[PDB]
There are 2 protein chains.
Amino acid sequence: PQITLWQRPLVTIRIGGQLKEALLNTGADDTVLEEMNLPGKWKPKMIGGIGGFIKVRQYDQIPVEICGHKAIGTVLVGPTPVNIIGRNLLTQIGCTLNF
Amino acid sequence: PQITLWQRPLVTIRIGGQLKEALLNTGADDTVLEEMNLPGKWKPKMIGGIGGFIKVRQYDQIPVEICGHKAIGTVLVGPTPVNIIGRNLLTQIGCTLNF
Ligand SMILES: CC(C)(C)NC(=O)[C@@H]1C[C@@H]2CCCC[C@@H]2CN1C[C@@H](O)[C@H](Cc1ccccc1)NC(=O)[C@H](CC(N)=O)NC(=O)c1ccc2ccccc2n1
């Protein structure tokens, strides 16, 4: 589809069997989701942004469905105010910026 | 142009007479540049990111050129790990998300 930027780019995503509201983020390397109890092995990690770093748990090859499209990759989970879908997954659903 | 997301979406911008590199960011509402001197009166503001809140200097109605396209709006200057162009300026140059 085509998404304008007047409003925050919120879309519906399906992960771990649940449907969630995530923000499309060209400015995020990784994908960070609100704390949730996922199955699987996970390594500890530190990621930063404006304001500093926060510790998150890293899960690999997690199947995610973004607005109908299907992708699968790394997902960081932690103390975040919103679900951030980063470039790692955006590339997988053929998403681009145009102006 | 059509920018893919296999690599950080960086672009060259021109502002205050200088050139700086900036990350086109759809997940950001505001535009925050690293600490630099800009003409004009400025007001103290605070913004929150993933790592928390930070203090910034706000400049309104400032002209910015993003890959040749002109935009005029608020620009926040503070201690950020990188220069980011937000939705307030991306909308001005008719930028969208596609896939
Ligand atoms: C600029 C401002 C208006 C304050 N907004 C934002 O920061 C909003 C805030 C939202 C609510 C909280 C959760 C994140 C979302 C999305 N972000 C936008 C979002 O695009 C933000 C922009 C950014 C880019 C580079 C450096 C810092 C910050 N990206 C991020 O926060 C991602 C998070 C991640 N680990 O994937 N960080 C990075 O992509 C990133 C890249 C390089 C870095 C180098 C050193 C230190 C930290 C670095 N972080």
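Proteins get letters first, then strands, A, B, ... in listed order; numbering begins at 1 in each. Structure method, as recorded: X-ray crystallography, 2.5 Å. One-based numbering, in listed order, for ligands and for the atoms of each. All heavy atoms count here, side chains included; hydrogens, waters and symmetry mates do not.
- The drug name recorded for ligand 1 is saquinavir.
- The chain in largest contact with saquinavir (ligand 1) bears the name, in the PDB entry, of protease retropepsin.
- In contact with saquinavir (ligand 1) at heavy-atom distances under 4.0 Å, by letter: A, B.
- Heavy atoms under 4.0 Å from saquinavir (ligand 1) belong to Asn25(A), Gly27(A), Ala28(A), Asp29(A), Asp30(A), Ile47(A), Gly48(A), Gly49(A), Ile50(A), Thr80(A), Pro81(A), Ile84(A), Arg8(B), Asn25(B), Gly27(B), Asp30(B), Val32(B), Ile47(B), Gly48(B), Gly49(B), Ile50(B), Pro81(B).
- Source organism (PDB entry) for chain A: Human immunodeficiency virus 1.
- When only interatomic distances are considered, the shortest N/O to N/O separation between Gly48(A) and saquinavir (ligand 1) falls below 3.5 Å.
- Taking a cut-off of under 4.0 Å to the non-hydrogen atoms of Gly27(B), the atoms of saquinavir (ligand 1) that pass are 8 (C), 16 (C), 17 (N), 18 (C).
- In the vicinity of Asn25(A), heavy-atom distances shorter than 4.0 Å reach the saquinavir (ligand 1) atoms 16 (C), 18 (C), 19 (C), 20 (O).
- Close approach of saquinavir (ligand 1) to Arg8(B) (heavy-atom distance below 4.0 Å) involves ligand atoms 41 (C), 42 (C).
- Annotation: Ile84(A) places no N or O atom under 3.5 Å from an N or O atom of saquinavir (ligand 1); distance criterion only.
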